> 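Okay, here's the structure I mentioned, the one with camlipixant.
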Amino acid sequence: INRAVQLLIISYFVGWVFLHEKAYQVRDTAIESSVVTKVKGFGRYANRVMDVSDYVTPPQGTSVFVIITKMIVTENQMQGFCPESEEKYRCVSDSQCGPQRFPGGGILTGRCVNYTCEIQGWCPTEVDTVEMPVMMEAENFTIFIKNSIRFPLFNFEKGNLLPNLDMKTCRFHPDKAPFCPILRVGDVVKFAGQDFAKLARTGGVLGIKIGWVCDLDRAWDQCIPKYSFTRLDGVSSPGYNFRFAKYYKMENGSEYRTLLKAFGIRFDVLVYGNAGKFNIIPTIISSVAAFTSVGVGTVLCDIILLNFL
Amino acid sequence: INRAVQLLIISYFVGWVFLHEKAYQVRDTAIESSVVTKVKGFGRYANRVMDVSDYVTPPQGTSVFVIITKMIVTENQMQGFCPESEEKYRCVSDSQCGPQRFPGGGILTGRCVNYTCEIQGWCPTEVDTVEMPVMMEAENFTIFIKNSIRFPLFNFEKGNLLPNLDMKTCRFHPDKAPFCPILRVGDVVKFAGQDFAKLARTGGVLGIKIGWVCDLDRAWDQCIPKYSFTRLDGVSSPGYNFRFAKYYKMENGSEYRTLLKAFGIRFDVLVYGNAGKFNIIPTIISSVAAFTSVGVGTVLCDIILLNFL
Amino acid sequence: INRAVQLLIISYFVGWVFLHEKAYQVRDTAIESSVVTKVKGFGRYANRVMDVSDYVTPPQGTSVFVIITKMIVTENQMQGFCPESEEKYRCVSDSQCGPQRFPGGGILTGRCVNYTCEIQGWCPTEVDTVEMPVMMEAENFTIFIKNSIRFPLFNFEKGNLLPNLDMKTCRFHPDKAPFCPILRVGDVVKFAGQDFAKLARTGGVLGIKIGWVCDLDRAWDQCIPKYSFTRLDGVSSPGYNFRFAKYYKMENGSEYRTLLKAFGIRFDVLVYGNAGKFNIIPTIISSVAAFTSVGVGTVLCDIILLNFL
Ligand SMILES: CNC(=O)c1cc(F)c(-c2nc3cc(C)ccn3c2C[C@H]2CN(C(=O)OC)CCO2)c(F)c1
Ligand SMILES: CNC(=O)c1cc(F)c(-c2nc3cc(C)ccn3c2C[C@H]2CN(C(=O)OC)CCO2)c(F)c1
Ligand SMILES: CNC(=O)c1cc(F)c(-c2nc3cc(C)ccn3c2C[C@H]2CN(C(=O)OC)CCO2)c(F)c1
Ligand SMILES: *[C@@H]1O[C@H](CO)[C@@H](O[C@@H]2O[C@H](CO)[C@@H](O)[C@H](O)[C@H]2NC(C)=O)[C@H](O)[C@H]1NC(C)=O
Ligand SMILES: *[C@@H]1O[C@H](CO)[C@@H](O[C@@H]2O[C@H](CO)[C@@H](O)[C@H](O)[C@H]2NC(C)=O)[C@H](O)[C@H]1NC(C)=O
Ligand SMILES: *[C@@H]1O[C@H](CO)[C@@H](O[C@@H]2O[C@H](CO)[C@@H](O)[C@H](O)[C@H]2NC(C)=O)[C@H](O)[C@H]1NC(C)=O
Ligand SMILES: *[C@@H]1O[C@H](CO)[C@@H](O)[C@H](O)[C@H]1NC(C)=O
Ligand SMILES: *[C@@H]1O[C@H](CO)[C@@H](O)[C@H](O)[C@H]1NC(C)=O
Ligand SMILES: *[C@@H]1O[C@H](CO)[C@@H](O)[C@H](O)[C@H]1NC(C)=O
């Protein structure tokens, strides 16, 4: 009975190794998904509350949006020549800056004036590096993410709005309610291992990943999404700043421009999926390989038992 | 001759099962694609026709754009305190709204006035829910979609602009001309199983999918794209509304803001591909599995015939 | 010794064929990536230098941005009826244009006036096709691309900012330094097999592909990205033009609009990945198939040697 027991044990182990790793259930990874993101929540920046229309830069609500948390405004920028207001651009001789100095505000002319050598262009350049406050109440904003995915190979359409496992006081917590699509901005920042104060002050590119890992052999309700968070702006000047320009020409001839530098927390929504469904061909391939492996194991077992090595 | 005929039949069935499901022809699903969308067509909204530059929100023509169909304008919004114009925010006592009421227009102060308790912020809030007309002529807009895909594993570059199977009066109909890239907006809405009037009045997020399913073992001209349409904004307040803010500061000191609420039909272009090419390794694997399966079938056939069970 | 030598040679060839094509090392192609693009560099267009805030259309720095190189401005567009300024719309009789003529500037009315029959809408239409100069200094712009990828199946996070194989004078050249993420716009245009003058004058949609092809069986530092460039706006009127509209209502009642037509070079960043990691199941499958193929080869070899055919 030793040979039968040993071959049964070998076959059982081979089956465990195969079906545990899903040798069958051909896998599809080309998930086609659509994301609709909507921000809700109000906050104050200077002396005035700002609704959703203000801070979020892309109003459509695409896969990628920006939550603006700090604004630096430079108004009435006129064309001309003038020195730069930054420290690092010190000029002691007229030959210091030429076709070797990286421009910071405009095209250089090869001169030197007192405030720094003359960049040409928008004269009142950004006086940056100040103690401007941040939209602290943005720590309490909420993001509603409606994600609709469709695995094409198996024709499997699904969405994250699962009605079983209200939407007015629920948040997203991976422990209590890991299924509500409403993500608190403070919660997203905290779950990424980041302090919110520094992230809002300097800016960063967070990322929300919706892993659609499902086993289609089970029921339709079993396919559930998993939310994860990360930061994708780590080097090893870190930050995320971007500028809008609004132009106007007053009737007295001069051409003006106001420049708004925004430090925000850009959110990226990345959808990844991996769905495995049972298919005849991989099942046959795996069964044949398992049979041959069991045969090889049986051929080796008697030899190793007889030789005790 | 019975055994030879039976083994030939078993081998033929195994070959049918294998080659029908493409046991060989290793498959690649990581399709790298680029989409350029351009809208053409004019329509009237208030008392004036609007060209392409007006209704479409992203002027670049990215993978996702919005066809604005309804506009609600609130001009000269000033900062301050005032009640809200919506019905649902009824206030009979000063304690009704506090740290339990969801803000609708601004940060609450805990008071109660006649128009509703005081939200702080942009005072002339949106008087919404009106009978504003819709851009009905947007039913006749056309969308030109240039899609260029490149399967990287096989180095296979292709595009949907097939010159064989003019581009001035052709539309997209899956029956007559299922190859023209020009998609009528009314046609897209109709093919999604949606009435255009309600969709334009309330807004929605349609989706155009370009399935690049091809068999590279055939000629280059055989690889063709298939267009499909769906809606990806179905819960089970449905809609798709987004707001622009334009700011101006008149010389008499006050800070103003005009808010434009747009109800549009956002179009998402999703590209999915699955290309299978013959490879030596999967062919050998499939042949070995087929040989072993045929052997197993022959081993079972004589037994089942002799035992008649 | 002939049979042993022949079977060893057959086994060696089978192993070469299998391990060379990676029969083992299950492959994942669903790469989840995030791209942050930042443009640096100044240029002059009319009589004034323009910094980053001006030419690039999406200020956020998404996966797709546009480098504007030519601007055509039409100011003070008023609603009304007037003929069109283009040549192709010749009208000799009042019945020439009707429900058969493609509108170019507005909704037609079925009349004929001297400048061309009356389109309704923004009256001072674009007088296009001029000799407007181009932002030639945009040939010296630089693009910083920070790409962070994460293969989910193997949980493999990586980025293109490799610190071993400064970032102030380095460019991207596939021969000298093929690893610096700083891409010169002129270099990108040249590597796509395109002249920069015509591309800037008419517009085009270039594409930068970051192939993340790695072998995870080696060390972590071995996984490196490969940059490639292409053009995805080739038919077989080519170009890429898009228009912004800025509205204002002067106090004397009339409603105005200024239209800015931009000819740019839109850059698309496409991330593709294919990562193979050793797994037990594919290894067993490949070993079984190799054993069976070697057996078949041995069965055929003696026959072909004895029969000499
Ligand atoms: C006459 N009024 C103005 O000039 C003016 C008014 C403003 F409310 C603001 C302002 N500050 C902040 C601060 C935060 C955290 C969020 C939004 N903020 C805003 C509003 C908009 C202004 N944006 C714009 O594109 O405007 C062209 C870009 C996005 O932010 C400004 F920067 C300028
Ligand atoms: C002095 N003139 C204005 O204030 C004004 C003029 C306008 F034509 C309009 C207006 N209505 C509609 C209706 C449809 C269906 C499409 C486009 N529409 C527009 C034009 C733009 C105005 N957009 C903007 O970003 O403007 C900052 C956002 C997109 O729509 C407006 F909302 C305000
Ligand atoms: C009172 N001043 C103006 O009206 C005015 C001022 C300007 F600098 C310009 C202008 N020309 C060029 C040429 C290049 C190559 C790049 C940027 N350029 C610009 C600036 C902006 C204006 N953009 C805008 O959205 O403005 C609403 C869209 C993007 O280009 C303009 F088109 C109009
Ligand atoms: C974000 O919201 C939380 C939850 O309401 C705020 O925390 C509470 O704030 C109230 C304000 O009246 C205090 O009475 C509570 O004691 C706070 N609770 C806790 C646990 O701190 C929080 O202050 C808000 N954040 C910001 C920046 O305003
Ligand atoms: C969209 O275009 C269609 C096709 O031209 C319009 O339908 C025709 O409209 C003309 C207008 O002169 C009528 O004479 C025809 O009888 C209509 N034909 C049909 C089959 O209805 C349609 O009206 C346009 N839609 C909108 C909203 O203007
Ligand atoms: C882009 O930059 C290059 C590199 O600096 C410029 O080419 C040089 O331009 C300087 C200008 O003083 C000349 O002295 C050099 O002789 C040029 N070198 C070469 C090899 O041509 C180039 O002119 C710049 N392009 C534009 C359009 O301004
Ligand atoms: C126009 O007026 C502004 C202030 O409104 C002033 O700074 C500027 O010098 C004037 N420009 C001209 C050309 O008169
Ligand atoms: C400025 O003028 C506007 C109308 O143009 C008026 O409503 C407002 O009260 C005035 N504000 C101040 C601060 O004088
Ligand atoms: C308003 O003034 C503009 C010039 O500023 C002029 O062209 C236009 O005819 C005037 N419109 C009205 C309605 O008075």
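Chains are designated A, B, ... according to the position of each sequence line. We number chain A the same way the PDB entry does; the residues here are 21-135, 141-190, 194-264, 270-342, in that order. Chain B is numbered as in the PDB entry; shown residues: 21-135, 141-190, 194-264, 270-342, in order. Residue numbering in chain C adheres to the PDB entry, whereby the residues present occupy positions 21-135, 141-190, 194-264, 270-342 in order. Whatever order the structure lists them in is the order used to number ligands and atoms, beginning at 1.
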> Enumerate the ligands or chains that make up camlipixant.
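The drug sits at ligands 1, 2 and 3.
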> I'd love to know the main binding partner of camlipixant (ligand 2) in this entry - how is it named in the PDB entry?
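Most contacts: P2X purinoceptor.
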> State which other chains have a non-hydrogen atom nearer than 4.0 Å to camlipixant (ligand 2).
B, C
> Report the binding site of camlipixant (ligand 2) using a heavy-atom cut-off of 4.0 Å.
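By heavy-atom distance, that gives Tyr65(B), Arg68(B), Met70(B), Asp74(B), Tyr75(B), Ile88(B), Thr89(B), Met91(B), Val93(B), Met160(B), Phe277(B), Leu293(B), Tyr280(C), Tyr281(C), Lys282(C), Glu288(C).
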